[PDB]
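So for chain A, numbering is the PDB entry's, and the shown residues are 4-123, 133-172, in order. When a ligand or atom number is given, it counts from 1 through the structure's own listing order. These values consider heavy atoms only, across backbone and side chains, with no hydrogens, waters or symmetry-generated copies. Per the header of the entry, the method used was X-ray crystallography, 2.0 Å.
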Amino acid sequence: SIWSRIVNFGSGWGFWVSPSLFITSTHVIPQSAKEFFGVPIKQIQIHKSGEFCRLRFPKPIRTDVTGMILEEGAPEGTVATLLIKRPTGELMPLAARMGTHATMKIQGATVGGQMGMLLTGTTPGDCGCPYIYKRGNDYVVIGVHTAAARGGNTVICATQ
Ligand SMILES: *[C@@H](CC(=O)OCC)[C@H](C[C@@H]1CCNC1=O)NC(=O)[C@@H](CC(=O)[C@@H](NC(=O)c1cc(C)on1)C(C)C)Cc1ccc(F)cc1
C-alpha cells in the first residue's frame, strides 16, 4: 500500500507523496540523469532545502496513489515510522521517537531537519526513505532519511 510508494532512486530511495510529487535525499538523487521515470529532466521542477529534495512532475506519474499530507517534521515526542526498503525487497519499518527540530551540522555541512531516536538499524543504502506517522485517521509524511549518528541510535530526518 504505502510501501509501493518507496522506490529505488539513485544510491538510495524516494517516496511518492502524490501522483506528481516525489521526495528524496539530496545525497541520493542522480546528478547526471537525463530523465526520471521517462520524463525529461528539464520538465521536472526540483526544489532543494539542504538534504531535502522534492521533484514535481508535469503530469501524474503514479495515478494509483492518493495525495498524502507533507509537513515539516513532527511534534516533539511523536513516535514515527522510518519506512526502510532494502535492496533484497524486505520491508523494515523502524520505530523512531522524533526529537528536536534544528539546523544541524553534519560532517561539516548544514542540514535542516529533525532528530529521532530508534526505539529498540540504518545503513548507507537507506537514505531517502520516508518518515511517517498517523494523526487521527490521516497518514503524515514528515521528511526523508539522511543520517544516523555513530555510537548511538540517533537518526536525522531532513525536512522541508
Ligand atoms: C545515506 C546517504 C549515503 O549513503 O550517502 C553517501 C554519499 C547515509 C545513511 C547513514 C549511513 C550510516 N547509517 C545511516 O543511516 N547517510 C550518510 O552517510 C550521511 C552521513 C552520516 O550519516 C554520518 N552521520 C553523521 O555525521 C551524523 C552526525 C549526527 C548528529 O548524526 N549523524 C556517518 C554516520 C556516516 C551523509 C550526509 C548527510 C548530510 C550531510 F550534511 C552530510 C553528509
Name of drug found at ligand 1: rupintrivir (bound form)
Main partner chain, rupintrivir (bound form, ligand 1), name from the PDB entry: Peptidase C37
Binding site of rupintrivir (bound form, ligand 1), heavy atoms under 4.0 Å: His30, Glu54, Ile109, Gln110, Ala112, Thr134, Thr135, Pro136, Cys139, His157, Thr158, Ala159, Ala160, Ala161, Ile168
Shortest protein heavy-atom distance from atom 4 (O) of rupintrivir (bound form, ligand 1), along with the residue and atom involved: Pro136 O, 2.8 Å
Min N/O separation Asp138 to rupintrivir (bound form, ligand 1) under 3.5 Å: no
Test of proximity, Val31 against rupintrivir (bound form, ligand 1): N or O pairs below 3.5 Å: no
Atom 6 (C) of rupintrivir (bound form, ligand 1) [closest protein heavy-atom partner, distance rounded to 0.1 Å]: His30 CD2, 4.1 Å
N or O contact, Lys108 vs rupintrivir (bound form, ligand 1), cut-off under 3.5 Å: no
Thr134, any N or O under 3.5 Å of rupintrivir (bound form, ligand 1) N or O: yes
Numbering as shown, the atoms of rupintrivir (bound form, ligand 1) that approach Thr158 to under 4.0 Å (heavy-atom distance): 16 (N), 17 (C), 19 (C), 36 (C), 38 (C)
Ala112 N/O under 3.5 Å from rupintrivir (bound form, ligand 1) N/O: no
Numbered atoms and elements of rupintrivir (bound form, ligand 1) in range of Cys139, under 4.0 angstrom, heavy atoms: 1 (C), 2 (C), 3 (C), 8 (C), 9 (C), 16 (N)
Per-atom contacts, rupintrivir (bound form, ligand 1) versus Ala159 - under 4.0 Å to a heavy atom: 21 (C), 22 (O), 32 (N)
Ligand-side contact atoms (rupintrivir (bound form, ligand 1)) for residue partner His157, heavy atom cut-off under 4.0 Å: 14 (C), 15 (O)
Those atoms of rupintrivir (bound form, ligand 1) less than 4.0 Å from some heavy atom in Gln110: 26 (O)
Covalent linkage of rupintrivir (bound form, ligand 1): residue, atom: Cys139 SG
Atoms in rupintrivir (bound form, ligand 1) flagged as close to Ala161, the criterion being non-hydrogen separation under 4.0 Å: 31 (O), 32 (N)
